[PDB]
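Looking at a structure with imipenem (open form) today.
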Amino acid sequence: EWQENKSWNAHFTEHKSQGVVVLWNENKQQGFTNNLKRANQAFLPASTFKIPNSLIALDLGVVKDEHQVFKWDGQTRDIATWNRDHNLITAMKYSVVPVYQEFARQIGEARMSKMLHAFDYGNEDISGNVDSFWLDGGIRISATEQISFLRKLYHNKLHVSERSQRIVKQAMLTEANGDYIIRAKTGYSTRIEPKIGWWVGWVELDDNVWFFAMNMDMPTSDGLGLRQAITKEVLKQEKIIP
Ligand SMILES: *C(=O)[C@H]([C@@H](C)O)[C@H]1CC(SCCNC=N)=C(C(=O)O)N1
């Protein structure tokens with residue numbers, strides 16, 4: 001069952017933006033969103049693709065473990081945190097595109113395409129350059145499709161090893177306190193219109209898990225913090241987090 005709650009639109013309208021939040025109550029097997037149409041519209045995954053990409057790289061041995069160091073190639077890029085060595089944890093934390101571009105090149109088109117089909121991931125379409133198709137190629141995924149994929153990951157039901165899934169879930173760790181744990185991944189798609197921000201993941205509670213996937217129009221990088229801020233406002237409203 002799916003329930004549309006247009007009152008959440010206020011959280012976007014209050015910030016002069018437009019977007020969708022999708023929530024899934026795992027215990028009750030019920031979904032909620034402010035906009036059923038946009039919840040099923042497919043966008044470039046951008047850096048949210050680092051979840052499947054990490055899973056594939058680990059399962060194929062491209063990445064040995066979460067400690068393996070991926071040395072900076074010495075080319076200065078405009079994101080300072082990218083101009084440094086990384087492991088899987090920090091590369092995910094700082095959305096380090098060039099590290100993941102190298103993963104994708106080593107994975108190769110054929111294994112990447114097969115694995116995305118095995119994951120049932122979005123439109124499963126890698127057309128474009130193997131090292132950038134999630135930024136400007138043919139792959140597309142909706143917020144509801146993000147939740148389906150994340151639910152499989154949470155339950156270790158993706159067609160990769162349990163180890164690979166545990167490591168990626170560790171790398172997704174974003175926030176943790178005495179009340180909840182958030183494992184999630186941000187995304188920012190700019191190369192094809194409309195420019196959007198993503199935040200996808202889930203909130204672990206003592207007795208339930210709430211999956212979430214949001215995207216929102218992002219004409220400038222100034223609004224990027226709204227991805228988390230809007231999502232948390234919905235979570236607060238629904239009494240999922242304090
Ligand atoms: C992921 O979606 C992007 C993309 C560049 O891979 C990274 C970058 C950022 S913020 C910097 C945006 N400008 C890049 N030239 C994020 C993010 O989600 O904050 N992810």
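All residue numbers refer to positions in the sequence shown, counting from 1. As the structure lists them, so they are numbered: ligands from 1, and atoms in each ligand from 1. Method of determination (from the header): X-ray crystallography, 2.0 Å. Atoms considered below: every heavy atom in the structure, side chains included; atoms not considered: hydrogens, waters and symmetry mates.
- Going by contact count, the macromolecule most engaged with imipenem (open form) is what the PDB entry calls Beta-lactamase.
- By chain and number, the binding site of imipenem (open form) (heavy atoms under 4.0 Å) reads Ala46, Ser47, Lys50, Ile79, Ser95, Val97, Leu135, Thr186, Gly187, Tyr188, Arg227.
- Taking atom 8 (C) of imipenem (open form) as the reference point, the nearest protein heavy-atom neighbour is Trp82 CZ2, 4.2 Å.
- The shortest contact between atom 5 (C) of imipenem (open form) and any protein heavy atom is with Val97 CG2, 3.8 Å.
- Of the residues UniProt lists as binding beta-lactam in chain A, a heavy atom under 4.0 Å from imipenem (open form) is found for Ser47, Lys50, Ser95, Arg227.
- Residue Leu135 has at least one heavy-atom neighbour below 4.0 Å for each of these atoms of imipenem (open form): 6 (O).
- Close approach of imipenem (open form) to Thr186 is summarised as follows: ligand atoms under 4.0 Å from at least one heavy atom of the residue are 17 (C), 18 (O).
- The model ties imipenem (open form) to the chain through a covalent bond at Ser47 OG.
- Of the protein's non-hydrogen atoms, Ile79 CD1, 4.0 Å is the one closest to atom 14 (C) of imipenem (open form).
- Of the protein's heavy atoms, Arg227 NH1, 2.6 Å lies nearest to atom 18 (O) of imipenem (open form).
- The nearest protein atom to atom 12 (C) of imipenem (open form), hydrogens excluded, is given as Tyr188 CD2, 3.2 Å; this is a heavy-atom distance.
- The protein heavy atom nearest to atom 3 (C) of imipenem (open form) is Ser47 OG, 2.7 Å.
- Close contacts of imipenem (open form) with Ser95, meaning ligand atoms under 4.0 Å from a residue heavy atom, involve 7 (C), 20 (N).
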